[PDB]
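Drug bound: Taxol. Macromolecule: Tubulin beta-2B chain.
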Amino acid sequence: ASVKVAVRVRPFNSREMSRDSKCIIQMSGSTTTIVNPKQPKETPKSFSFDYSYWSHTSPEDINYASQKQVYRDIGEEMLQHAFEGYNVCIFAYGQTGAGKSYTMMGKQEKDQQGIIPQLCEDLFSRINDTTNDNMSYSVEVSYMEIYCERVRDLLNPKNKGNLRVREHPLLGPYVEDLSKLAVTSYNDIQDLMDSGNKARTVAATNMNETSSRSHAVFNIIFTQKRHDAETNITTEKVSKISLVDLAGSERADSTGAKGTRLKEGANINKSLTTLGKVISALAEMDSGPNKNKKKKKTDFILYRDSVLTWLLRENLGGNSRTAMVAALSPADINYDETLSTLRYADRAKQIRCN
Amino acid sequence: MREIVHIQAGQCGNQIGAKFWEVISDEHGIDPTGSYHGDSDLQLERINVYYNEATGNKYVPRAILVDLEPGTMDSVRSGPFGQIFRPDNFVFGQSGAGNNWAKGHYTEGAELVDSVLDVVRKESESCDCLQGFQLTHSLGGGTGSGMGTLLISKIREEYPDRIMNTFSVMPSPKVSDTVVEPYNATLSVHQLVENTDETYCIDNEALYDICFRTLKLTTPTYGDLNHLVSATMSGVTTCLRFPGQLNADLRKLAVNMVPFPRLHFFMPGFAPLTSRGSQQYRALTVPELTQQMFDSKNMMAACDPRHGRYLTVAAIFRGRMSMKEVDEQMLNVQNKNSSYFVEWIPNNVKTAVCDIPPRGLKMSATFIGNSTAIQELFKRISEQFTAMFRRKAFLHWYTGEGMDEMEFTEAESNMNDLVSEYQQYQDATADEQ
Amino acid sequence: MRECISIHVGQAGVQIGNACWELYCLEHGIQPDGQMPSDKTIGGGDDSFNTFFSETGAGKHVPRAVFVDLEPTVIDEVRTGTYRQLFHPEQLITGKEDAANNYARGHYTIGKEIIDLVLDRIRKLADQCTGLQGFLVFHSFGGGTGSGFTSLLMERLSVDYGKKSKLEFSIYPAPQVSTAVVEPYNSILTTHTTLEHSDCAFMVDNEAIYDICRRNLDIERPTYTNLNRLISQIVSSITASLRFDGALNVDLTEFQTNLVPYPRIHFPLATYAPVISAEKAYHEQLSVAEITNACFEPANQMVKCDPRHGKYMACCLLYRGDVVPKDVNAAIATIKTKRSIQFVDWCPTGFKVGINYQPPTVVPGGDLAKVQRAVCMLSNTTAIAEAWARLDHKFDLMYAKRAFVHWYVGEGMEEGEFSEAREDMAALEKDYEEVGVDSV
Ligand SMILES: CC(=O)O[C@H]1C(=O)[C@@]2(C)[C@H]([C@H](OC(=O)c3ccccc3)[C@]3(O)C[C@H](OC(=O)[C@H](O)[C@@H](NC(=O)c4ccccc4)c4ccccc4)C(C)=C1C3(C)C)[C@]1(OC(C)=O)CO[C@@H]1C[C@@H]2O
Ligand SMILES: Nc1nc2c(ncn2[C@@H]2O[C@H](COP(=O)(O)OP(=O)(O)OP(=O)(O)O)[C@@H](O)[C@H]2O)c(=O)[nH]1
Ligand SMILES: Nc1nc2c(ncn2[C@@H]2O[C@H](COP(=O)(O)OP(=O)(O)O)[C@@H](O)[C@H]2O)c(=O)[nH]1
Ligand SMILES: [Mg+2]
């Protein structure tokens, strides 16, 4: 259960550049550091992660990572593992305005594009190249939102009813009557994404006007089949690529409201804790076979706590691979949000400070 | 002013509710006719926790008796305290459930559930601040079981910040009273584990053992067992009513006991017991009370807590007692029995004291433990489940009512998952590979 | 003039307030109802001392305190008890469910909706005062109402009221004896708020008082009342300087000046020398030297620490009763020569002396015996670091496996905040080890 954690910093936006803002993030090698504007004289906080990505300006001859570099680091290997008949999971995290949309999607200039467009383009190009008389391929897409431990369909324009989760004894957890649509190239894996994003639940709080309120899961089911020169033709190769947009954590102080606005956040925080523990187990499990060969006991990772793990069971365990990317805001104003994101990233394969 | 609502589904739940209400009415000094005749004003200091006022200065209890067999309602209404409950809360149907979970969850319960939800919503709106719910049912059922689980799910969906308790009776290992018991038990436990914060474990065999060996009774009946369960429930709910040197709210118990959200099954107990003739020789002190508290025979779940390594424990005390005895005794019990406790909690015992003792006793104690040994119950049921599922012993009577096969396998998988989570914190060290 | 407006938060605060106000009312002759026959008998005086009470036209006397809590069962006992006519009806009890030992609930899910009214009532009380030399906040670590509400109230008060002193009397969980399984979480969370706002916070441990009551007083089976009585006597000894005449009086600012060497080490201990029962009251001279020597006895300390394993930064003594300065100087000289009580190199004076002519009063019933002398010893000790370390270890044993985190997380607290508070505690420990090292 390979785990990779990457922390990226976005450049200044229009609002930050309009004011006389300052940068409070420094990064070198494989280490990140922040300084508190409130009390500059105490000490700089430091953390270590598996990947660090500085992105402020173009030339930046020391420690600059274009989108191609991070794609080659994470997405290319993830897709390569996907093709050989295995499950794949990619997580995005970051507070509102941290720039997770910049990381995953990017701009449409065809020179700086995110992980999703690059991955989809490489997938469709490889499928188009390899499709000979024997091989054949199929791809299916679905999109859903998890919200107060209830699952809703974003693609279907039907009534926003709560679907029922089931456990097929062979195929594992799944959702009943979840909309599924066929796709053929990149143009489609988007219009679907835009339509699903338009339907997501969202409200306004004291922190931001358009702060999200629910987790989103984007499932790509990839099926292969090989037509041999005989009657015995079987697929035997079904892969799942999961892309999870995780809503940000929040304090009850920042969410200065009572009632539903509190409740959602509380439940959100619960998921944002338990998933951490699960991945905190996998990484440790991953270290077992790797170095000390600890196999004794399934060490059954707790898996049913909430719904978000109990639906991604097949994708996050077994022999799958997991990447997680956390966006940071370099503005001095958002010190607490950045510190919270960095501390959350510090979990899930903690690494000492070198 | 904290306030808790009570529901009782099935024959066992209704009988336990009647005995519980007769016990609480005696403790608070309520007459059968509904009038008040007490000895001190302190009883009425917090009467709102279970009762409601009336125009004639009467006190009407808060209960919703639900059942599908009119015979139990007729028996209860003609009992010693039959008239105490207001008539409108007696909601019921006919044709029974027939000891079938499918009839009591999908076919017949769908009609009475609407009326029960209307009544419980009306009751909940009337309280000043709802704290939680209580539900009583026997798992090996089909009337109480299915409707109880349905009400649990509906109430959890509607009110999601109120500690929903449940005092339930599960199948015994050897003393079997019905043939389709494991199916109902497994389905109901699957529907129960995800929709409750604190559920207690009562076994008929344990109550019979307590009645025989300890109380030295000759011919026990259902009344004695209902008494024990009522005593335990009152004790559990004690701290909300009367003051004390240190109190234990229900949410305090919920926050302190359960370590992780899943693991919420509790093993209860009550002390002391003199067996009607040893009271003259037995000395009532805190060390003797706690010594009988942790003894295995007192326990009401039929799971010996010697293979368990207690995860957590709470002890609600009732009486005027110096706390030094309580604290030193708890520390001594921890240190002397270190092998029967977990190491990654530094100290794992909570205490609470109420100054007002029970009428007719100088001091009493109520035990609410949480130990891994409860797996020995669940696993047993699981074994019997497969023993009747491999060949489909009586599976057709459930598919007749529109229940698919997948729902049984899902419940069994959840059962095995619960057993395995219990089991991880059961070996007395890791240091392994 | 010389007011000491006090706040009680939590059940520990309420019980300690009961004991404290019983002691004060018995000291000043205030009847439980509020009337004062003593001044009327005298025919003009100042027995309605402003340090703890306020006087109205009709001869009644109202105390200056609040009893904020979330459990009505704790305050209704006082509301309908023997003292029902003394307090103002604004005892400010919340009619809502308890916080259930959860720091987050006591901070920003149910601790809110009350804090505005509490601050308003505190403002109304303080408006009547031309003094207001210091706040007294009693609480107990353990979460729920106490720690969370104390943290919020201190955070608001430090902003609103500026530089006025704020003494805290905090009950601390014992190493071996505990009454909650989420106590270490709550204490490690509450340090992050008590460190940066409380100017000088004391500490008292239950197990220490249990041992002291077992040994000295021959009380085999003590209860909460005796512990509250001892804490009441300690606070009375501290605050006696502001009310009665004395040869060498010490104000609250003197405590805040002498006992704190640096801002981050303002965590002293306390004790009480003549804690002697009636039967043993005789057969002992109880000279000034003997009680002063008994103050530093390790077995009588009010928190389970070993002062032999540390060094004394500063010490302040407050004597009550017939104690002349010559004997005090002789006792100080005799104490300073022993090498068991090691002193730091950078504080060669290391003592503050104080005398009050009012002898201690005896609460009826109770346990203490009448003594014509007494002394309250406060000292800053490095050994208190040990008292943290054990608690810290408990936290480090429980936070790793993620136990009881779901309840806290589901009430508005982010997971990361824990670590921040933990780091701060470590910093405090390091600071103590930085100060006790000998100079080059
Ligand atoms: C005469 C006398 O005092 O003897 C005791 C007695 O011997 C013991 C054994 C009693 C007795 O209980 C039993 O024999 C018993 C039978 C079946 C199941 C459980 C118990 C007693 O029957 C039960 C009875 O309890 C009460 O009266 C309480 O109020 C009890 N309520 C009732 O059950 C009740 C009894 C009579 C009339 C109305 C109600 C209660 C206690 C706590 C909380 C709620 C309710 C008491 C004191 C005794 C007898 C009579 C022997 C005990 O019961 C309780 C809960 O008090 C059993 O464990 C206690 C310990 C007592 O020492
Ligand atoms: N010394 C002393 N300690 C007390 C007293 N009352 C309560 N405590 C302490 O309070 C702790 C319980 O936690 P608290 O937060 O104070 O309880 P509470 O004030 O009722 O608030 P909740 O915990 O939310 O119920 C115990 O560990 C006790 O040590 C008292 O009267 N005297
Ligand atoms: N503890 C207890 N259990 C009971 C009592 N009466 C019946 N039971 C249990 O209840 C189970 C029967 O379930 P039941 O409620 O009758 O189902 P129903 O007939 O469909 O309502 C049996 O396994 C009995 O052991 C009682 O008085 N006390
Ligand atoms: Mg409380």
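One letter per chain, A onward, in the order of the sequence lines. Numbers in chain A come straight from the PDB entry, and the residues shown are 4-357, in order. Quick note: numbers on chain B are straight from the PDB entry, i.e. 1-433, in order. We number chain C the way the PDB entry does; in order, the residues shown are 1-440. Because only heavy atoms are used, hydrogens play no part in the values below, and waters and symmetry mates are left out as well, while side chains stay in. Recorded method is electron microscopy, 3.4 Å. Counting convention: from 1, in listed order, for ligands and their atoms alike.
Counting every copy, the structure places Taxol at ligand 1.
Other chains with a heavy-atom distance under 4.0 Å to Taxol (ligand 1) are given as B. For Taxol (ligand 1), the residues with heavy atoms nearer than 4.0 Å are B/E22, B/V23, B/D26, B/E27, B/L215, B/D224, B/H227, B/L228, B/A231, B/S234, B/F270, B/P272, B/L273, B/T274, B/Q279, B/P358, B/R359, B/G360, B/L361.
Organism for chain B, as given in the entry: Sus scrofa.
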